[PDB]
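Entry featuring pleconaril.
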Amino acid sequence: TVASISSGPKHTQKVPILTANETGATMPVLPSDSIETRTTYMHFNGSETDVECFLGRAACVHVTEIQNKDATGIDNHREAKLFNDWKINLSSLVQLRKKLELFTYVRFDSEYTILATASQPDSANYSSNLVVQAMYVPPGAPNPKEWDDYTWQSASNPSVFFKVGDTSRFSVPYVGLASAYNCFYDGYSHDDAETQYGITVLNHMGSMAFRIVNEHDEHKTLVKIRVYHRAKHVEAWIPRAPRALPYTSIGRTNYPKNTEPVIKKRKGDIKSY
Amino acid sequence: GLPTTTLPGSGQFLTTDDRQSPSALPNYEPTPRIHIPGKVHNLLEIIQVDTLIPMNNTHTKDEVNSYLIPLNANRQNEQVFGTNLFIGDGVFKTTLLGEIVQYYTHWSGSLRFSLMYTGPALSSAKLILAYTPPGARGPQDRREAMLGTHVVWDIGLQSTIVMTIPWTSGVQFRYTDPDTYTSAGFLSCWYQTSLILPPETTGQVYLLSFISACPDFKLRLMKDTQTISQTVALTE
Amino acid sequence: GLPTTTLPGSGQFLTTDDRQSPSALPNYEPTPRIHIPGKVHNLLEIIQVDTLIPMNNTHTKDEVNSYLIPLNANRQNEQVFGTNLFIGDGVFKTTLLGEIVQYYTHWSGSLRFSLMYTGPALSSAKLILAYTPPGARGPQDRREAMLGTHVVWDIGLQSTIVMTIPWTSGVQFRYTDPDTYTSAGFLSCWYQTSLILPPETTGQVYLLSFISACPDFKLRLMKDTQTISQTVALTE
Amino acid sequence: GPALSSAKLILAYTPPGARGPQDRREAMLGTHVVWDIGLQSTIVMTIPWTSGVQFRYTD
Amino acid sequence: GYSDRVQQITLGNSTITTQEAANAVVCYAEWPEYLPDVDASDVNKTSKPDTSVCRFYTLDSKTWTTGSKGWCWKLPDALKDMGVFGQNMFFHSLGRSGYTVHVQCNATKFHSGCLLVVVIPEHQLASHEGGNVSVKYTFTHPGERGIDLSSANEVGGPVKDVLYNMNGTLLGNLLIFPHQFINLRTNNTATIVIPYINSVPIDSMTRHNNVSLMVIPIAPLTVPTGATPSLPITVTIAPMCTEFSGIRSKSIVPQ
Amino acid sequence: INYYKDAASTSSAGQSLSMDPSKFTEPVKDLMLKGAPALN
Amino acid sequence: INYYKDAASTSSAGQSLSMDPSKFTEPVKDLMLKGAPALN
Ligand SMILES: Cc1cc(CCCOc2c(C)cc(-c3noc(C(F)(F)F)n3)cc2C)on1
């Protein structure tokens with residue numbers, strides 16, 4: 001594959017470098033169209049910039065917390081973090097979000113990796129070997145209310161049991177209801193004057209609940225859970241303007257008020273180098 | 001039992017590894033694909049589309065005006081604009097090219113820089129765009145700029161001039177992050193003759209500048225960008 | 001020793017994984033299979049069998065009466081019944097269809113809704129069943145209902161009318177769990193003419209309604225149902 | 001008009017059954033031609049035979 | 001002597017001519033088409049009114065002044081009240097369509113100004129309030145009037161900073177979307193053919209706007225000495241390959 | 001060799017190797033030849 | 001490849017792919033044709 005062909009002097013009626021950008025087209029002008037060039041080869045395929053590679057690596061998409069402690073007298077297990085849940089979404093942590101939002105529609109399979117790390121902030125005689133249970137609770141499935149509900153039986157919901165300090169790994173097929181996931185959605189759930197706007201109404205993927213299976217020890221253990229997402233078998237459509245301003249909320253395109261200029265201001269002239 | 005020996009790295013989680021893993025939803029049948037126009041396969045595809053350069057940084061805040069390059073009537077020899085060619089910073093940092101380029105550590109290839117005249121039809125002008133390859137300073141006058149790669153643009157019927165910034169380098173790749181040894185040079189524009197306005201016409205005409213990559217382009221070593229961040233996890 | 005590298009996920013117990021495991025009872029010979037009628041291979045097989053809909057929720061407790069849809073003599077234009085089409089809730093929640101549908105997150109396809117008349121043979125009536133696809137409200141009068149998918153049912157020798165609720169949607173799948181964007185619409189029934197009873201006959205005649213799936217039907221993403229629970233493990 | 005002048009007009013034909021249009025929006029809903037004034041000085045708009053009965057009275 | 005500048009577009013009983021065009025853009029190089037069996041899900045036979053809805057509808061003209069920020073229309077919203085197309089929109093549960101957008105704006109060889117005409121698929125607007133505030137239905141359904149980017153914020157409405165495309169992205173990068181410029185010195189019209197773009201075969205035409213059209217002044221308007229400091233901008237849109245499905249009662253929408 | 005029954009569990013797809021920028025760079029109705037006047 | 005001697009230790013069977021609802025939907029003695037009067 002040639003990068004540049006050999007091209008010499010020129011004196012024509014054919015002017016490749018004069019165009020009309022109001023047509024909306026970006027004419028494929030090459031260096032050999034405006035200067036004398038020599039032959040060079042690409043020695044390059046562009047593998048690393050393939051959308052499969054671009055979205056094909058794990059990125060942290062959520063961090064949450066649960067803890068192992070005596071549940072005696074706790075009236076709201078959920079609030080006490082005896083167990084916690086995550087309303088599944090990929091737009092909470094901004095790094096992966098900006099990448100995905102480089103496109104309008106996106107379709108792919110997902111590979112999840114869940115890392116659980118223990119912590120004992122105050123006096124403990126040892127570190128306990130806790131087992132985490134991550135259960136997927138799809139829309140319509142009964143949500144856990146107590147860390148040891150009948151819901152954790154998980155007869156139909158899928159769930160993994162892994163050691164804290166260890167990692168959990170599994171993949172999920174493309175689960176969108178449509179032919180592709182929407183990164184943006186200029187619409188509502190119905191024609192209502194007050195209903196929510198944006199993908200907020202589209203990305204209703206249920207949530208996944210986490211808990212520590214072990215009963216409590218004398219001391220209290222804080223387990224932090226990090227979920228990583230890697231896309232595979234990727235397809236992307238309709239490229240768009242990259243995000244410029246900071247995000248403020250999951251799902252909305254909203255940006256903060258009194259935000260700072262994102263375009264750098266010259267320390268001098270428009271003639272400055 | 002097949003005898004085995006586990007190697008260093010066992011149990012590690014390399015975010016970049018590409019392995020198989022059990023499916024949590026066995027026998028699930030995903031929704032059929034339907035045709036959707038505008039499919040993108042490679043980022044190198046979209047960086048070939050040019051976007052506007054906010055060449056006129058000069059303002060106190062982001063404005064439509066930062067994209068307008070002012071041109072002044074009856075000025076001779078003078079400089080219209082200038083900029084270094086660190087495509088991963090400066091004026092280029094917010095463009096589609098600069099934005100995508102920042103997702104990678106290395107870049108190589110030729111850049112496509114365009115200028116579209118928006119002054120009245122009955123006006124005229126001849127400008128000169130110049131690319132100064134690394135090794136010397138940004139040109140300080142037309143004569144100096146003219147000694148390097150350049151294009152004398154005659155404004156007319158065809159509104160846009162496309163000047164290529166041919167890959168001129170010793171090392172075959174440069175860092176997207178501004179690095180001296182890896183500098184790309186300078187870009188400048190000057191009045192070849194001058195801008196002439198017709199009768200009953202007054203003020204300023206502007207130039208719109210565009211940037212895009214040639215099929216020449218190469219990008220490698222994916223990395224996180226400095227164009228996005230957060231202090232706390234976002235919530236619904 | 002074959003060199004190996006263990007990957008993330010090692011040691012995990014994914015309730016959904018499908019692997020091989022050693023048998024705790026080697027050489028055990030299970031009992032021979034004998035023919036047993038009524039074998040079921042797929043749940044999609046049984047949801048095509050219709051069951052009674054407790055359309056008449058209105059009672060203070062579960063009763064045979066919640067399955068009886070009252071019909072009143074000499075009423076014109078009037079509405080007989082109505083219901084939204086969230087098959088995973090409301091009147092449908094306890095039916096075989098609703099019950100099975102709740103073991104999955106997504107559904108798609110056409111529904112088969114039937115009405116069997118049980119009034120005296122010498123009585124007569126013409127009703128109209130209507131399906132209002134999503135986007136507009138549940139019809140408030142016959143004229144409004146009649147503008148959408150409907151069937152004018154003439155009561156007679158053939159006791160049952162089968163109205164299909166054809167899959168009418170943009171997105172190819174809906175959530176079994178009531179979700180607005182994913183709503184299926186409304187179902188209503190009205191008097192086309194009116195119920196006429198013969199001499200020496202008095203009171204109320206009832207309609208029995210059935211629900212089942214068409215071979216159209218699709219169900220996916222298995223999950224636990226909200227139709228069963230316990231506070232403590234059961235004992236013998 | 002002078003060569004250096006410009007304009008865009010819209011000619012509309014309203015077939016029988018409704019009144020003569022009272023504003024552009026109303027006229028635009030029927031047969032019409034958006035004319036861009038320029039080099040070619042004349043616009044030719046056809047009034048296609050739009051009728052039920054196959055003939056009309058000149059009177 | 002055929003030129004990129006002279007064009008005629010005939011749809012239904014409506015025709016458009018332009019003697020100063022700059023070619024025409026066909027979004028993602030795809031011409032609109034009807035929904036093929038292989039992609040269909042909805043089992044209802046669809047309705048194709050053809051020429052009664054696939055024709056040019058001209059919106060109310062906007063006035064471009066030295067201070068204009070830009071305008072934004074949404075489809076199919078902008079045509080929600082246009083003849084038979086509009087009616088079908090509310091009488092059916094689902095619908096799908098493509099369009100030919102034709103933006104007009106003439107001046108003289110003494111004027112100067114440059115409008116960016118771009119089509120943005122799934123243009124989800126942002127709330128000026130930031131945080132997690134939503135944008136109420138009415139504010140993204142301005143209809144034929146469209147949204148004026150120089151108008152003041154209003155409770156429940158979207159942010160209208162031209163610089164940030166009403167969505168947190170920079171104006172200069174709007175060019176990645178199918179667009180065209182109306183550079184008075186070259187142009188006087190912009191034409192963009194839009195094919196149906198969505199992640200579903202067909203969809204609700206009232207609760208979802210597939211794309212929004214934006215006309216944004218980049219190089220400000222400049223009129224010759226002592227001339228009227230304004231120019232009109234006219235938008236004409238024609239639906240094409242329009243299909244409607246699931247006919248019924250007729251929606252009643254917010255406000 | 002694939003160890004699992006479902007497609008979703010396989011590893012990355014491998015370079016699309018299609019690459020056609022023209023649907024974004026030249027989405028014009030009338031083909032424009034490099035060198036020929038953009039506006040004839 | 002199966003690593004164990006007993007059948008019970010192998011993994012899941014894979015879709016029956018039979019599917020005949022009629023034994024539940026139409027368990028009638030005299031065949032009833034769709035369109036023909038149910039009760040003749
Ligand atoms: C955009 C976009 C795309 C997606 C896909 C979300 C996938 O949702 C899941 C997740 C996150 C986990 C599981 C899952 N299956 O088993 C487990 C367990 F191990 F966590 F229990 N988790 C299943 C689905 C459908 O979400 N937002």
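Labels below follow one simple rule: chain letters A, B, ... track the order of the sequence lines, proteins then strands, and each chain is numbered from 1. Looking at the header, which is where the method is noted, we find X-ray crystallography, 2.5 Å. Because only heavy atoms are used, hydrogens play no part in the values below, and waters and symmetry mates are left out as well, while side chains stay in. Whatever order the structure lists ligands and atoms in, that order sets their numbers, starting from 1. As a textbook-style caveat: the illustration shows part of the entry, and contacts are counted within that part alone.
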Chain with most contacts to pleconaril (name per UniProt): Capsid protein VP1
Could you give me the letters of the other chains with a heavy atom under 4.0 Å from pleconaril? Thanks! A, B
Chain C - name per PDB: coat protein VP3
Closest protein heavy atom to atom 2 (C) of pleconaril, given as residue, atom name and distance to 0.1 Å: A:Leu90 CD2, 3.8 Å
Atoms of pleconaril close to A:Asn203 [distance to a heavy atom under 4.0 angstrom, numbered from 1]: 1 (C)
If the cut-off is 4.0 Å to any non-hydrogen atom of A:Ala134, which atoms of pleconaril fall inside it? 18 (C), 19 (F), 20 (F), 21 (F)
To which residue and atom does the entry give pleconaril a covalent bond, if any? none
Suppose we measure from atom 26 (O) of pleconaril to each protein heavy atom; which comes out shortest, and what is that distance? A:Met205 SD, 3.7 Å
Numbered atoms and elements of pleconaril in range of A:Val160, under 4.0 angstrom, heavy atoms: 18 (C), 19 (F), 21 (F)
Need the pleconaril atom indices (1-based, order shown) with element for anything under 4.0 Å from a heavy-atom of B:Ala24. 15 (N), 16 (O)
Note the single closest protein heavy atom to atom 17 (C) of pleconaril, along with its residue, its atom name and the distance in Å. A:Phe170 CE1, 3.7 Å
What protein heavy atom sits nearest atom 3 (C) of pleconaril, and how far away is it? A:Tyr181 CZ, 3.4 Å
So which heavy atom in the protein is nearest atom 7 (C) of pleconaril, and how far is it from that ligand atom? A:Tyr112 OH, 3.3 Å
Using a 4.0 Å cutoff against the non-hydrogen atoms of A:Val172, which atoms of pleconaril qualify? 13 (C), 23 (C), 24 (C), 25 (C)
Any idea which residues from other chains are within 4.0 Å of pleconaril, non-hydrogen atoms only? A:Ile88, A:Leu90, A:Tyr112, A:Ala134, A:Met135, A:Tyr136, A:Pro158, A:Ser159, A:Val160, A:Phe170, A:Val172, A:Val175, A:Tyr181, A:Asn203, A:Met205, A:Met208, B:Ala24, B:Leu25
